[PDB]
Amino acid sequence: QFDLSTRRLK
Amino acid sequence: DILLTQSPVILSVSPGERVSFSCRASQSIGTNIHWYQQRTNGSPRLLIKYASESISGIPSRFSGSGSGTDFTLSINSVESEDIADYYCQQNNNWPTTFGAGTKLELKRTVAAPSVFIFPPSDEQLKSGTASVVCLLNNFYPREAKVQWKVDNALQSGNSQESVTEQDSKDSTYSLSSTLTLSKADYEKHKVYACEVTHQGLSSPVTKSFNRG
Amino acid sequence: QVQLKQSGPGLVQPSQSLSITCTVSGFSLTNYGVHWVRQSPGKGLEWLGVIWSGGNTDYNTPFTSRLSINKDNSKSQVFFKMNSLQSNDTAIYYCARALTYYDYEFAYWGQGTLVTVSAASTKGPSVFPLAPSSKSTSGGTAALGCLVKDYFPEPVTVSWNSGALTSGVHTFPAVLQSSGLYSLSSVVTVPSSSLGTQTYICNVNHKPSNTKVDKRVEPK
Ligand SMILES: *[C@@H]1O[C@H](CO)[C@@H](O)[C@H](O)[C@H]1NC(C)=O
């Protein structure tokens, strides 16, 4: 899932 | 729509190693596939177009192959700066669609955190809230344990953690543990201790202070 | 050099409309189409639509009814507008340009705009110092930072010494507090011998609330 804070998959 | 399946979800490799990303399509799409890189806080960067065609400005270590339904993005010798997510895209069929991505992590040698503790500022105390910050700097691997204690009382449920993504230069993580107390509670106690546990430490590291 | 610069991040009330401006340079909107893509937690990358050189628009099927794209060639601006937003329209929205005028291989991207869809109110952060000390100094290296607390929505930018200080900087991912407000620390390690001669300032910018704070952080 994409994280809007870091723009990375978590 | 064309469904694009990327596998696996996470890749983990050591530097200098070769790595491949898989992107599979729900039906044939010829070689009409493009690849992108996304680093922490970045916008996508176009790496390969039309399955195998190179892009100006992109390192030669990036390549791609495949046709039909089965595609591969390769990096022949991984570098720390390659830590990112990788996405495929098809445009043989409208509308263009993207895969769900693969995460690339880098292995490195174990590095013990450096631990620092920060009492609340007198500034924050004026507002009636007290934040105590505990910092674990530049460690690998990511697994760490932070235990808070106030006057020997184990603290539970009143702290939040945040972990950075891997550093693009040294591959380490950093972690912050923040303990939050009412100013009232904070003033009713003396010893504030942050205790850190990590594979790279031969015993737990405790950083602490007395209020004032 | 080809560049795309988007308008800033912000809150949008549920059932209301989203507006983003994409201002381009290093090419002409008369020569290239401009595409819109978003990235959400639940659906990842979605292509939304495009405005072409000659003014024609295509919209991805689910958005045809609530999406409009316009431009002003002379101003080099492309205007994105989407109606009746719900919480799962929370995403980073990007504008983008392909390699060739007719294609979809996106070589150029805007920096993205984080749109939060929420009923809540915009709130600027308080910035508090994380002062260096003996409890924060080991082997001549000192750690120091800023606590960026109680803001909404994401994001905030944090730099140090107006961009002149970047090495040893860690700005942590924001965490949502029980209050529904975000919090974040940003740290940097520096030589302890420089605490006497160098000023350390975290430049905090929360665009959605237009709150810019420069916080000097001094040893206690
Ligand atoms: C959000 O909700 C709508 C229904 O209101 C659903 O059809 C859509 O697929 C969802 N979109 C995302 C980005 O999750």
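The sequence lines are taken in order and lettered A, B, and onward as chains. Residue numbering for chain A follows the PDB entry, covering 2-11 in order. What you see of chain B is 1-212, where the numbers are those given in the PDB entry. By the numbers in the PDB entry, the shown part of chain C spans 1-220. Values below: every heavy atom of this structure, side chains too, minus hydrogens, waters and symmetry copies.
With cetuximab, camrelizumab, tiragolumab as options, the drug found at chains B and C is cetuximab. Contact analysis gives the chain with most pairs under 4.5 Å to cetuximab as the one the PDB entry calls Cyclic meditope.
Measured on heavy atoms with a 4.5 Å cut-off, the binding site of cetuximab is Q2(A), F3(A), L5(A), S6(A), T7(A), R8(A), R9(A), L10(A), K11(A).
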